[PDB]
Amino acid sequence: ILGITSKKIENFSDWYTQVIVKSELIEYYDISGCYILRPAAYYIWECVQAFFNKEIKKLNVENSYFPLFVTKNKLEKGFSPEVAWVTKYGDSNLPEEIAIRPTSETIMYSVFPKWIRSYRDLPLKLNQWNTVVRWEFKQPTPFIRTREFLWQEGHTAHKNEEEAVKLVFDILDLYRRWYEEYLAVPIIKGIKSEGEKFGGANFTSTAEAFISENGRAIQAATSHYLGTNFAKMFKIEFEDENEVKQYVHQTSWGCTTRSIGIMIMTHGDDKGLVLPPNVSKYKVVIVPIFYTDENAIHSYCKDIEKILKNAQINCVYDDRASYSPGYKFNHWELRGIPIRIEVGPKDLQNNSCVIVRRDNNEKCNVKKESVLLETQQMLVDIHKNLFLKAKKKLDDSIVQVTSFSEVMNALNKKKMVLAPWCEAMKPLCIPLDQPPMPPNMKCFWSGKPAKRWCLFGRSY
Ligand SMILES: Nc1ncnc2c1ncn2[C@@H]1O[C@H](COP(=O)(O)OP(=O)(O)NP(=O)(O)O)[C@@H](O)[C@H]1O
Ligand SMILES: O=C(C[C@H]1NCCC[C@@H]1O)Cn1cnc2cc(Br)c(Cl)cc2c1=O
Ligand SMILES: [Mg+2]
């Protein structure tokens, strides 16, 4: 009951449920597919939100808030069974049903024509941090697929294709950094196939992550070039620099709290949650061991707490008298605190302490004067190690194939497949980083000549 009783490989699904609850990330809720985000989970969202905000602001993107509700006729300008409908206020029916936003396309693009008259009004760059609701038919999973989820949705409109297209890939790399620099998760940039892209999009760029334990790919984030599709539909036009009426070129992009789930599944182990330092409130936990003047142990630990905190490194000194040091060890490992500092009589004797990494459980005795410096670079190295170990697993999950039997073998081993492309397992994306393609290569399913490599696999 106390700790994680299932192993990540043996029973991944039950391991996941145990980790997210016992590490105090979420609480389950009496509405299926909805979950309470406890402070530990929301801190992660706050962090990546702060990062993403800073970066998109550099791209002159402005934050805004559009209404949670959209009327029936405006929404209705193959998704409808996912729409949640507000019908009643109190005991009175609404004259017209109103929908809860599943996304803000119809809400925003209905007003864009009013804001866009000439080239002078361009580019228009908007972003929202909000919630949307979708009554997912597929089985709900905490973070990964929820019926209400926090996200960010960006929407832009430009004078031409090139400015729009560049921003699409600018945003896509921000998503890359989002996962890499804060969640320590490696992702693959790519273009969706025509059958997998957002229907309203010209093309859909994507960031894909992969979970080796169940052999499933997860779309980490999206970034669409919408072209003039929505511009035509909503009559979003502007007057040229040459007085000619033109359609705007639009982009849209989004990343949700699914990112947190991807992080958990990536870095979590059999001991429980493992947090990248950049998304953990407490970077260090200080645990005291008695046998010995207790008050002297308190003074030493508090001194180290002051040293770290003064250097703007948030940490916690677990001085709860009712719990053994061993209990505290597991307590904070479970909650994913990157670093544990142990202080006992022996450490107090040499004016030193034991520092313990959460990721590989490596221990080392450091002098009190070197605690700060060693802590700082250890937090750096922990993030590097988490990312690199994760990248190795991602890379080792892809097999380059040129035949059907090679595909069957990879599918049976829960691997992803990199196959020739000439345009349940499905096409995931056409990776931006293309390996060389032999001149006379064919798709083994069509015989047509291959132009690029496509990534295939099962997905969430
Ligand atoms: N219910 C959900 N909970 C969490 N994240 C989600 C959910 N639905 C979609 N996302 C993610 O939100 C981002 C953009 O969503 P979106 O463009 O609506 O894709 P989508 O068409 O809903 N994909 P899918 O629902 O799996 O067929 C992607 O990274 C999705 O993985
Ligand atoms: O939501 C999208 C496309 C983009 N909109 C916001 C930015 C990120 C995102 O990729 C695809 N999508 C997904 N699910 C939907 C569910 C409903 Br219900 C509706 Cl009306 C519409 C949609 C819908 O448009
Ligand atoms: Mg969907």
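Here chain A follows the PDB entry, giving residues 251-327, 334-547, 550-681, 710-746 in order. Per the header: X-ray crystallography, 2.3 Å. Values below: all heavy atoms of this structure, side chains included; hydrogens, waters and symmetry mates excluded. One-based numbering, in listed order, for ligands and for the atoms of each.
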Q: According to the PDB, which drug is present at ligand 2?
A: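 It's halofuginone.
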Q: What does UniProt call the chain with the greatest number of heavy-atom pairs under 4.5 Å to halofuginone?
A: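 It is bound most extensively to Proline--tRNA ligase.
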Q: Please list the residues near halofuginone, using 4.0 Å as the heavy-atom limit.
A: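 The heavy-atom contacts are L325, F335, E338, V339, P358, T359, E361, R390, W407, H411, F454, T478, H480, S508, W509, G510.
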Q: Among residues of chain A listed in UniProt as binding L-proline, which lie with some heavy atom under 4.0 Å from halofuginone?
A: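 UniProt annotation plus heavy-atom distance gives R390, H480.
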Q: What protein heavy atom sits nearest atom 5 (N) of halofuginone, and how far away is it?
A: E361 OE2, 2.6 Å
Q: Measure the distance from atom 19 (C) of halofuginone to every protein heavy atom, then report the residue, atom name and distance (to 0.1 Å) of the closest one.
A: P358 CG, 3.5 Å
Q: So is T478 polar-close to halofuginone, meaning N/O to N/O under 3.5 Å?
A: yes
Q: Please write down residue, atom name and distance for the protein heavy atom closest to atom 23 (C) of halofuginone.
A: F335 CE1, 3.6 Å
Q: Which protein heavy atom lies closest to atom 10 (O) of halofuginone, and at what distance to 0.1 Å?
A: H480 NE2, 2.6 Å
Q: In the PDB record, what organism appears as the source of chain A?
A: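 The deposit lists Plasmodium falciparum.
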Q: Tell me: protein heavy atom nearest atom 6 (C) of halofuginone, and distance?
A: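 Going by distance alone, atom 6 (C) of halofuginone is nearest to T359 OG1, 3.2 Å.
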Q: Taking only heavy atoms of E338 into account, list the atoms of halofuginone that are under 4.0 Å away from them.
A: 16 (C), 18 (Br)
